[PDB]
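Entry with progesterone: notes follow.
Sequence lines map to chains A, B, C, ... one by one, in the order shown. In chain A, numbers come from the PDB entry; the residues present are 742-753, in order. Residue numbering for chain B follows the PDB entry, covering 670-845, 848-917 in order. The way this entry was determined, per its header, is X-ray crystallography, 1.6 Å. Order of listing sets the numbers, starting from 1, for every ligand and every atom in it. Side-chain atoms are counted along with the backbone in the values below, which use heavy atoms only and exclude waters and symmetry mates.
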Amino acid sequence: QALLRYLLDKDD
Amino acid sequence: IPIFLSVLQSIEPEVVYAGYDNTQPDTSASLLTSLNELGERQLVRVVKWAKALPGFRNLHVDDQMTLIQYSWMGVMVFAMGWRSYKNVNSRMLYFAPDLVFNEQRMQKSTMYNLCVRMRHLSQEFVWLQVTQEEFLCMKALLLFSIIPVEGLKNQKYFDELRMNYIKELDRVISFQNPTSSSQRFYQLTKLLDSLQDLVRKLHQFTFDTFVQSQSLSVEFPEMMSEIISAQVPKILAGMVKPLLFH
Ligand SMILES: CC(=O)[C@H]1CC[C@H]2[C@@H]3CCC4=CC(=O)CC[C@]4(C)[C@H]3CC[C@]12C
């Protein structure tokens, strides 16, 4: 899954 | 009275360093590679910032992804112009405290003409005497500056949220006579509209450098590679719509 999606989904 | 000014002040990212070894002889490969490494780490902070912009996380996550994929170049160019204004009175391009482009680096970059255009953007901040509060409102608006030709998944909510931040720019200008404030609003939104053509030309150069990455020895970090792949072809193919104020 995308790096951008990780950053959008994560806490912070 | 402005509703988002203290928010925008609090969520503004801190400055990112490039990590460039300024003792080395500059080449186009070293300079473009360093800008890409800086871009990657700015992007991490742009995502965190967008998530803290009220309403942004209430869009469908696919729309969030789309807007960041479209708007990172504009957000980052505009922020760089502001840094160049505040730190070097727009005489040079202040990409990072450790990566400042003078004329020599603009030439060696292989994107001299685009650097000149970015310096002219920076000069507009000087002539217009853009305040920090205006800058922050304008930068938030750049997340809302491009949409798909076919629209977003939640286009109605996007339209209303965009208008909320347009009204905020107007509220800030008035907070800081009505005739002069309407003219101020026109000046600042015309500046944002003018940025759209520069961003398109930067997207073209980005694509060309990405396609030629290996031959040029210009490395693109992983998330920049991902985001360029996701939307820059679509941008160049006419599949997106800039939203102009004028
Ligand atoms: C390598 C490359 O193609 C160049 C063309 C335009 C450049 C960008 C131009 C705007 C910019 C300003 C920043 O402050 C971070 C780096 C970025 C985001 C640059 C990264 C590298 C880019 C994408």
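- Short version: main partner of progesterone, named per the PDB entry, is Ancestral androgen receptor.
- Other chains reaching under 4.0 Å from progesterone with at least one heavy atom: B.
- Summary of contacts: the protein heavy atom closest to atom 11 (C) of progesterone is B/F764 CE2, 4.2 Å.
- Here the heavy atom of the protein found nearest to atom 15 (C) of progesterone is B/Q711 OE1, 3.3 Å.
- In terms of protein heavy-atom proximity, atom 18 (C) of progesterone is nearest to B/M745 SD, 3.7 Å.
- Atom 20 (C) of progesterone has B/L704 O, 3.6 Å as its closest protein atom, hydrogens excluded (heavy atom only).
- Of the protein's heavy atoms, B/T877 OG1, 3.4 Å lies nearest to atom 23 (C) of progesterone.
- In terms of polar-atom proximity, B/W741 is not counted as a contact of progesterone, lacking any N or O under 3.5 Å from an N or O of the ligand.
- Here B/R752 has side-chain heavy atoms under 4.0 Å from progesterone, and that is the only part of it that gets that close.
- Remark: minimum distance from atom 1 (C) of progesterone to any protein heavy atom is reached at B/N705 OD1, 3.2 Å.
- The closest non-hydrogen atom to atom 10 (C) of progesterone, taken over B/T702, B/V715, B/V746, comes from B/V746.
- Near B/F876, meaning under 4.0 Å from any of its heavy atoms, are these atoms of progesterone: 3 (O), 5 (C).
- Looking only at protein heavy atoms, the nearest one to atom 8 (C) of progesterone is B/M742 SD, 4.0 Å.
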